[PDB]
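To start, the structure under review is shown below, and the notes come after it.
By convention here, the chains are lettered A, B, ... following the listed order of sequence lines. Per the PDB entry, chain A residues shown: 1-218, in order. All residue numbers given for chain B refer to the PDB entry; the residues shown span 1-139, 146-223 in order. Here the PDB entry sets the residue numbers for chain C, with the shown residues being 12-65, 73-129 in order.
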Amino acid sequence: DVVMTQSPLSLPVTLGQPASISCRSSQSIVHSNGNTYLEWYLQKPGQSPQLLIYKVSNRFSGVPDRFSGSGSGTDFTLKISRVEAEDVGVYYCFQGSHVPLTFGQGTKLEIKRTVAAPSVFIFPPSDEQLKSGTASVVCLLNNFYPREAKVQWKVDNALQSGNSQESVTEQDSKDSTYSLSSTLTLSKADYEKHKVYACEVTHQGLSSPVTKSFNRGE
Amino acid sequence: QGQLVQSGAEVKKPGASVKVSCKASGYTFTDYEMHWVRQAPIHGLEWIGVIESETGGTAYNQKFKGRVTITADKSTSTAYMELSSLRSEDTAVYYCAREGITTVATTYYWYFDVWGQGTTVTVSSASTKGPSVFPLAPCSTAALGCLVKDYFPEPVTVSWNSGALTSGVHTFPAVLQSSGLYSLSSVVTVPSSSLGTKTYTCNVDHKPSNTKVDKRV
Amino acid sequence: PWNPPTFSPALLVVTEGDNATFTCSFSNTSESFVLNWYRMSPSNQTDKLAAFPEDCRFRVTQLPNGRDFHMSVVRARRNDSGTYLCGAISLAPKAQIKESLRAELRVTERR
Ligand SMILES: *[C@@H]1O[C@H](CO[C@@H]2O[C@@H](C)[C@@H](O)[C@@H](O)[C@@H]2O)[C@@H](O[C@@H]2O[C@H](CO)[C@@H](O)[C@H](O)[C@H]2NC(C)=O)[C@H](O)[C@H]1NC(C)=O
Ligand SMILES: *[C@@H]1O[C@H](CO[C@@H]2O[C@@H](C)[C@@H](O)[C@@H](O)[C@@H]2O)[C@@H](O[C@@H]2O[C@H](CO)[C@@H](O)[C@H](O)[C@H]2NC(C)=O)[C@H](O)[C@H]1NC(C)=O
Ligand SMILES: *[C@@H]1O[C@H](CO)[C@@H](O)[C@H](O)[C@H]1NC(C)=O
């Protein structure tokens, strides 16, 4: 099967600047009729993919001027002359010259924004959940940028591992920030044998890591 | 152009089968082929197969050939897609997409100009269970929230003060826990001065289990 | 049209009772395809007679090479006379329908 590889996989770009995505095919994708059915699709957040570029360099109807494609052999490139806000999403290259038809793995285009330090909150386990035998501790990172952030849980200064899941929101359409929720899942047994619970947050917007804590009880 | 509308979400046990439809309108059905495409995080976008409505001819990706059947009813402009012997890894969004048939009267250089809205198929051994809603309160800006825990399947909808409170609300995507159940947190940022003035209530709606919970924080 | 199938002979005449065999040659490029045998009814309405793969008086037979096909009417009748053709339907990669030129079958009276 023809394998389609995209580069890069994450593309943050400032509003108004150019952007470029590379696509490489593991072999030639010339069709037996001589045509090269290389295509570029864009999947805006929460929507279906839509066709951008057909046959290597041809712009589909309704697609703005700033999009353009090019390539030769196994190397193809998608260029955006000026990145606009409505251009965020996942970009896929696609080949239709050989069966099976294959897509690239995707390139997420995000807006590069000025750095924003997160606001950190911590929530203790509730009365009502503790009566259910389980204990959940939530650490919230609100409205930060860039996406890369480290959250480490410490129970009585013991660094936890394996007992925490986390989820991040899509980049906000109005301020271009992310939000993250870390969830320390402990048995109520384990919860009631320790006292202090903290999450340490490392991020480019924080000159030094931030810690939010609470003592079980107080 | 035209339109493609697919059938609703589906949840099935491992080893079962699912059949999803795709209704076309706004264009001539027989002028086009109908493809089926899968999207899952472990898999990316992958092509399943294609049917030509007039002849009933089909072509399948060797990966799915043997456990997928694609059918089309030209009289009702509907294409179908039946996946048998479902595995947990078949959990994905399933799209249908048209492709212009090149003829001596018309030449099509592109593939997928119109797509359906997608159909969610979740394959799991878990059983339908409504969520346990718990408050998230701290021990000049305060944060409050709700922990929506141990529910199946997706989705739930969380609203604050019955839709009145939308500013500063963050509902995070659900994460599949080791128990095969989903967990989700929804938070909101309020001024600290309003902690004793206003009432802040979550509205958790879980249709598959017929569950509505109104939880105040 | 790109890589159409050919349908031969352009004019085939047989005596009523005999078998009539056409040759439709299709050199496929990538084998997700189906071949259909058609007869053109009053003022260009097409009737499907048989299809490869998959009335039993109309037989399609694939020959050893990957190109030639035999389309035979068994015991041709007087009203089998008409216009025939073969169409190739490539499903993937890149959907395309390509027809042959029309051929004529004439069925004459037996003495
Ligand atoms: C006319 O054809 C019939 C049926 O033949 C089929 O189609 C042919 C075009 C060819 O592809 C054959 O291989 C196919 O079988 C013939 O009927 C056969 O008659 C013989 C007589 O002994 C009999 O043994 C066979 O069983 C018959 N065929 C079948 C499928 O049962 C017929 O002989 C042909 N007419 C003449 C005179 O050529
Ligand atoms: C051109 O097509 C032939 C025939 O393919 C068969 O019939 C088609 C209608 C379709 O149903 C195919 O799936 C069938 O295989 C191809 O010949 C076969 O090619 C396959 C390649 O995987 C091979 O395994 C078989 O042994 C071949 N059998 C015969 C009888 O030829 C041929 O490969 C195709 N040519 C090109 C260039 O694609
Ligand atoms: C042709 O004639 C035959 C003779 O019985 C009969 O089937 C019918 O009248 C005609 N059929 C077709 C298909 O033309």
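The molecule at chains A and B is the drug toripalimab. In the deposited model, most contacts to toripalimab involve the chain that UniProt calls Programmed cell death protein 1. A heavy-atom cut-off of 4.5 Å gives the following epitope of toripalimab on chain C: C:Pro12, C:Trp13, C:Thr40, C:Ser43, C:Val45, C:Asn47, C:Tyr49, C:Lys59, C:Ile107, C:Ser108, C:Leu109, C:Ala110, C:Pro111, C:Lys112, C:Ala113, C:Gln114, C:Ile115. Heavy atoms of toripalimab come within 4.5 Å of chain C at residues A:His31, A:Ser32, A:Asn33, A:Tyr37, A:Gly96, A:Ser97, A:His98, A:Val99, A:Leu101, B:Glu33, B:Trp47, B:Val50, B:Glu52, B:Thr55, B:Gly57, B:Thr58, B:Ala59, B:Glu99, B:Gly100, B:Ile101, B:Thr102, B:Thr103, B:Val104, B:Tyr108, B:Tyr109, B:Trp110, B:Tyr111. According to the PDB, the organism given as the origin of chain C is Homo sapiens. The UniProt domain of chain C holding most residues in contact with toripalimab is Ig-like V-type.
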